[PDB]
Undergrad: 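Complex: berberine : HTH-type transcriptional regulator qacR.
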There are 2 protein chains.
Amino acid sequence: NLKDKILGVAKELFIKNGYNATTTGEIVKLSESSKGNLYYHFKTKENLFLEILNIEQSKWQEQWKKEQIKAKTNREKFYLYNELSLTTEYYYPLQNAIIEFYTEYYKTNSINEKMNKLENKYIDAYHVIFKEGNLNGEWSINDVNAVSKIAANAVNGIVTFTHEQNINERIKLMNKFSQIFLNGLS
Amino acid sequence: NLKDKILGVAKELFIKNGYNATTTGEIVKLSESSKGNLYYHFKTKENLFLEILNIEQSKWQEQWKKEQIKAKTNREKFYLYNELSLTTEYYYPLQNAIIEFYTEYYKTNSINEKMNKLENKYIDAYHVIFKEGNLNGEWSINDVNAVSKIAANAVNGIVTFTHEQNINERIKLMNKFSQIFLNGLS
Ligand SMILES: COc1ccc2cc3[n+](cc2c1OC)CCc1cc2c(cc1-3)OCO2
């Protein structure tokens, strides 16, 4: 394939090197491609990037649904989502690339034109869990949305700013977190 | 001084042009030093930069020392340090230089050495708030080292991954975190 072969090197580039660190030239070089390929469906570089997030985000979002069955009550759905995100190979490994891209593009409002659409799948997992949890009376959350975002980010914090130490110690901290969090919701 | 003079100018460059773009050649000339003197003092740009960060960390620690005097209880110091971490980084000139350096030298397990000591100094702040919380019974924690790593990285997450909402909602979200988190300790 051509496109699915570009996104295959581009993603690997954004992960290994930063966002800025990987150049369109590089992608085209280890893909035997040209400049044209990037025009009709692959416009700007930020387009290629925002696209890889979308894919990744979904591969993750999907692995979560084929793996959340192992969780009975939402309280378990909370711990488990926060645990899996630490071991996934999807999206979360690009967080660094994202940090850059989210600062190298603040003046250009053409970003949030589809950026926040991604931010939604980001807090959706937490939005369902916190809500369906009210139903199951597992807790009483009145501001589900704030909490949804607070959780997603806090979690992304622990996954991202601890990507160097013993993976097992990580699963430990993240767990004490979920625990301390949910417990603070009642 | 010629050492501080290198640091002064170096920090200004990094702020103006970033980490990658600043050459040690600029630093050397603009600071009126020599390649020899710059090498003898820092060896590399990586260390020089790591050296500024150390100094910034220290300015942060003093600022925090003079600021926390607005928080009587460690319960308020917690809210305050968190908010402080959000507001101040918002207009931090180096932010961008750090992001480059960080997401460009975290691949080298070498630089991760001094890099860990640093972050830890930023986490001690919490360790301290929690230990003094215990000794004052605002809460009970036996794993102060853990929660501190948690809080610090959850806060950090909430700061970094939400560089989009309006500064006013962000603080609400952070004070909402501070609240929940702190409540999950009793
Ligand atoms: C010279 O001024 C400085 C210098 C250095 C600063 C460093 C940090 N902050 C302000 C600073 C500042 O504010 C004025 C905000 C809180 C914070 C949390 C962190 C972190 C670094 C910092 O890494 C881990 O989590």
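Chain letters: A, B, ..., in sequence-line order. Chain A is numbered as in the PDB entry; the shown residues are, in order, 2-187. Here chain B follows the PDB entry, giving residues 2-187 in order. Only heavy atoms go into these numbers, but all of them, side chains included; no hydrogens, no water, no symmetry mates. Just so you know, ligand 1 is whichever comes first in the structure, and atom 1 is the first atom listed for that ligand.
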Undergrad: Which ligand entries or polymer chains correspond to berberine?
TA: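 It corresponds to ligand 1.
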Undergrad: Which other chains are in heavy-atom contact with berberine at under 4.0 Å?
TA: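 Based on heavy atoms, that gives B.
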Undergrad: What source organism is recorded in the PDB entry for chain B?
TA: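 Source per PDB: Staphylococcus aureus subsp. aureus Mu50.
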Undergrad: For berberine, which residues make up the site at a heavy-atom cut-off of 4.0 Å?
TA: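 At that heavy-atom cut-off, the site is B:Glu57, B:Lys60, B:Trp61, B:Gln64, B:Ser86, B:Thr89, B:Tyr93, B:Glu120, B:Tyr123, B:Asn157.
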